[PDB]
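The chain called A is the first sequence line; B is the second; the pattern continues. We number chain A the way the PDB entry does; in order, the residues shown are 1-306. The PDB entry numbering applies to chain B: residues 1-306, in that order. Side-chain atoms are counted along with the backbone in the values below, which use heavy atoms only and exclude waters and symmetry mates. Both ligands and their constituent atoms are indexed starting at 1 by order of listing.
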2 protein chains.
Amino acid sequence: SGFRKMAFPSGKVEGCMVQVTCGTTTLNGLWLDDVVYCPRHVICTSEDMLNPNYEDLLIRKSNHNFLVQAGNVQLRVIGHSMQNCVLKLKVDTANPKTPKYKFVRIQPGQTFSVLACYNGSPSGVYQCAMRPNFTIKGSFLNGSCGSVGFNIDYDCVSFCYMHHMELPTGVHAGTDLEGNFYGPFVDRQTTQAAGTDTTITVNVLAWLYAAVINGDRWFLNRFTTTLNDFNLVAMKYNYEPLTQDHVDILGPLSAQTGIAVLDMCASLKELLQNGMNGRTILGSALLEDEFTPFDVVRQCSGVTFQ
Amino acid sequence: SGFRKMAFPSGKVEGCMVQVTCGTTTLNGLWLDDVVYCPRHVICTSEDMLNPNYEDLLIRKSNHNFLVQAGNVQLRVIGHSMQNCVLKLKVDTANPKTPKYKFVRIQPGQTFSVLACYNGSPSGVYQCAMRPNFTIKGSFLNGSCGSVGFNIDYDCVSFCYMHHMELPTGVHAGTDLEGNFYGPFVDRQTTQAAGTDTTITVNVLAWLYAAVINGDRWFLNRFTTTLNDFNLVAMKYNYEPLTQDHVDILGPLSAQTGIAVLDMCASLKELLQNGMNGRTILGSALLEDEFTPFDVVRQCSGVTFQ
Ligand SMILES: *C(=N)[C@H](C[C@@H]1CCNC1=O)NC(=O)[C@@H]1[C@@H]2[C@H](CN1C(=O)[C@@H](NC(=O)C(F)(F)F)C(C)(C)C)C2(C)C
Ligand SMILES: *C(=N)[C@H](C[C@@H]1CCNC1=O)NC(=O)[C@@H]1[C@@H]2[C@H](CN1C(=O)[C@@H](NC(=O)C(F)(F)F)C(C)(C)C)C2(C)C
């Protein structure tokens, strides 16, 4: 019944976006209750950003130095603090469209939806994955910072990402909502390299399950294997180790398609050795690693929100 | 700065979704002002759907036979009519979250965002294209019908699709919001075939422009060509004819990258002849045809909504 890179619906989060201006720098903010969270480099000028001293810049700021606009309405700031690489502006108005929400810090391999924004206005929404090198393959221009990444569980928005910077290779980096970066990056304009990226094995298998459910079954073989042996052949192709926790997490997909997890591992071994020989799987000639087990289940069983 | 299959933010449309039940059939509705639009096969039973007589079924229905739920709130129906394959239920309450909206009928080649819903609740959002054979490569399960496709221009939602049925090959079919199908399909459970699908040439070129902007330039050659000659080589590969209107529509991307449209056509000719020889473009080993000129411009210049 089809299989696509699907994102969460964005309305709950659109109701939280605002514009934060400080001097001439403008970027995005998240308004939740009476607090606005945004990247702390909003207090910089251009020339500060090469090697900035944030605490020093913040001393010279008052409440009134921050311009916070929700649509046309201006939000008076009544306090400011800095928490790691994020900035919290207390405001005089609680956001009446605040959803149930929590702040989470995802693990490498987990996915989320990004609502890319400019000037506090939503431009578009797409689904990303936290790569094992702690980067994301997103799409962002100048002024995108403060755009956020999230998951929805029924009614609760789990905010897990806030965008800060783009790295030499076209990939992106940021923080959780407490302002700690993911990976070894810092918020300054200096040379930073990513680290080598490894392929998320459990997400590939999840995608192969997605393919069977959808009738694409040519890659299934009749063989099995052991976790140990599988992991030796994967290592060579820069695939992450598959833990037993991964196997257990794949149990629901295993149960529903009646294909033991270690059979699917066998099928993947073959694909890593022999290549596809010019065939596709779900429309793709490359093995895809940006869908979690949970993503496959929600899409191929039709889970909804609110 | 990255390039992804990006969808419009969905909040404006989420505020319009409702659940329509009639007998035991439940599917999705669109509530705009005081009218709910949904697929007319909500009035069927299972066994009716093999060869249904819709006008006959609707005679036997009253207002009170339709259960319309917006969240927990029930909407009293105060009238019903049928317009082609869509059904309009007048209700006693106008939807206070109705956006500025219009109903449009897109052309093959145009893209839009689908908000897949079940039981009047949003499950996820993704971007599709109206294929030249008048199908879409979507992702839908039972109960998805009435989910809608749309574009946003600043503040106005242009609704262009409503989902009705899935075709033997995993692809999907539906109507505009006046209830006319796209392509030769009808709303009955009988064998229907798609027609052969052709590749949308102008969208491919747009994607190649997207690639240059993003620094991927290996496929550019030094040669030019004529529209005429180009179109002869494309025909063989089941690529649509490139009209002069297409060339003009590509003028903004041409202007910004300083690459005449007919140079890019030359570069595409080579790719259709020689293949990629194992290289990628924007991460893909296949030429991609699901981004319009307009989509590339909005994403790679950062257009926002509201
Ligand atoms: C936030 N609004 C922008 C978003 C950027 C702009 C281009 N694409 C994006 O994702 N973030 C920044 O401009 C951050 C910000 C200063 C510099 N910066 C960068 O993203 C730069 N990157 C780096 O210096 C590097 F190489 F370390 F990654 C830039 C050269 C502009 C891509 C600060 C405070 C780090
Ligand atoms: C609306 N809620 C569903 C959505 C379907 C279910 C599976 N994926 C979808 O997109 N639509 C239907 O069930 C429509 C509906 C009766 C039958 N139908 C179909 O989609 C069927 N297709 C066809 O009969 C065919 F081959 F012509 F395309 C089905 C076999 C269930 C896929 C009506 C009124 C056409």
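The PDB lists the drug found at ligand 1 under the name nirmatrelvir (bound form). Most heavy-atom contacts to nirmatrelvir (bound form, ligand 1): the chain UniProt names 3C-like proteinase nsp5. Chains touching nirmatrelvir (bound form, ligand 1) with a heavy atom below 4.0 Å, listed by letter, come to A.
Only the backbone of A:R188 comes within 4.0 Å of nirmatrelvir (bound form, ligand 1), counting heavy atoms alone; no side-chain atom from C-beta on gets that close. The closest approach between nirmatrelvir (bound form, ligand 1) and any UniProt active-site residue of chain A, by heavy atoms to 1 Å, is A:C145, 2 Å. With respect to atom 17 (C) of nirmatrelvir (bound form, ligand 1), the closest heavy atom belonging to the protein is A:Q189 OE1, 3.7 Å.
Protein heavy atoms are absent from the 4.0 Å sphere centred on atom 30 (C) of nirmatrelvir (bound form, ligand 1).
Summary of contacts: the protein heavy atom closest to atom 27 (F) of nirmatrelvir (bound form, ligand 1) is A:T190 O, 2.9 Å. The authors modeled a covalent bond from nirmatrelvir (bound form, ligand 1) to A:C145 SG. With A:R40, A:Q192, A:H41 as candidates, the residue nearest to atom 33 (C) of nirmatrelvir (bound form, ligand 1) on a non-hydrogen basis is A:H41.
When hydrogens are left out, the protein atom nearest atom 14 (C) of nirmatrelvir (bound form, ligand 1) is A:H164 O, 3.3 Å; that is the closest non-hydrogen contact. Protein heavy atom closest to atom 16 (C) of nirmatrelvir (bound form, ligand 1), with residue, atom name and distance, is A:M49 SD, 3.8 Å. Here is the list of nirmatrelvir (bound form, ligand 1) atoms found below 4.0 Å of a heavy atom in A:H172: 10 (O).
Here the protein heavy atom with the shortest distance to atom 6 (C) of nirmatrelvir (bound form, ligand 1) is A:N142 OD1, 3.2 Å.
Within chain A, UniProt domain annotation places most contacts with nirmatrelvir (bound form, ligand 1) in Peptidase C30. Atom 3 (C) of nirmatrelvir (bound form, ligand 1) has its closest protein heavy atom at A:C145 SG, 2.9 Å. Scanning all protein heavy atoms for the shortest distance to atom 5 (C) of nirmatrelvir (bound form, ligand 1) gives A:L141 O, 4.0 Å. Counting only heavy atoms of the protein, atom 9 (C) of nirmatrelvir (bound form, ligand 1) lies nearest to A:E166 CB, 3.5 Å. Not a single heavy atom of A:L27 sits under 4.0 Å from any atom of nirmatrelvir (bound form, ligand 1). Near nirmatrelvir (bound form, ligand 1), within 4.0 Å on a heavy-atom basis, the structure shows A:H41, A:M49, A:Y54, A:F140, A:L141, A:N142, A:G143, A:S144, A:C145, A:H163, A:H164, A:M165, A:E166, A:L167, A:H172, A:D187, A:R188, A:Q189, A:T190, A:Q192.
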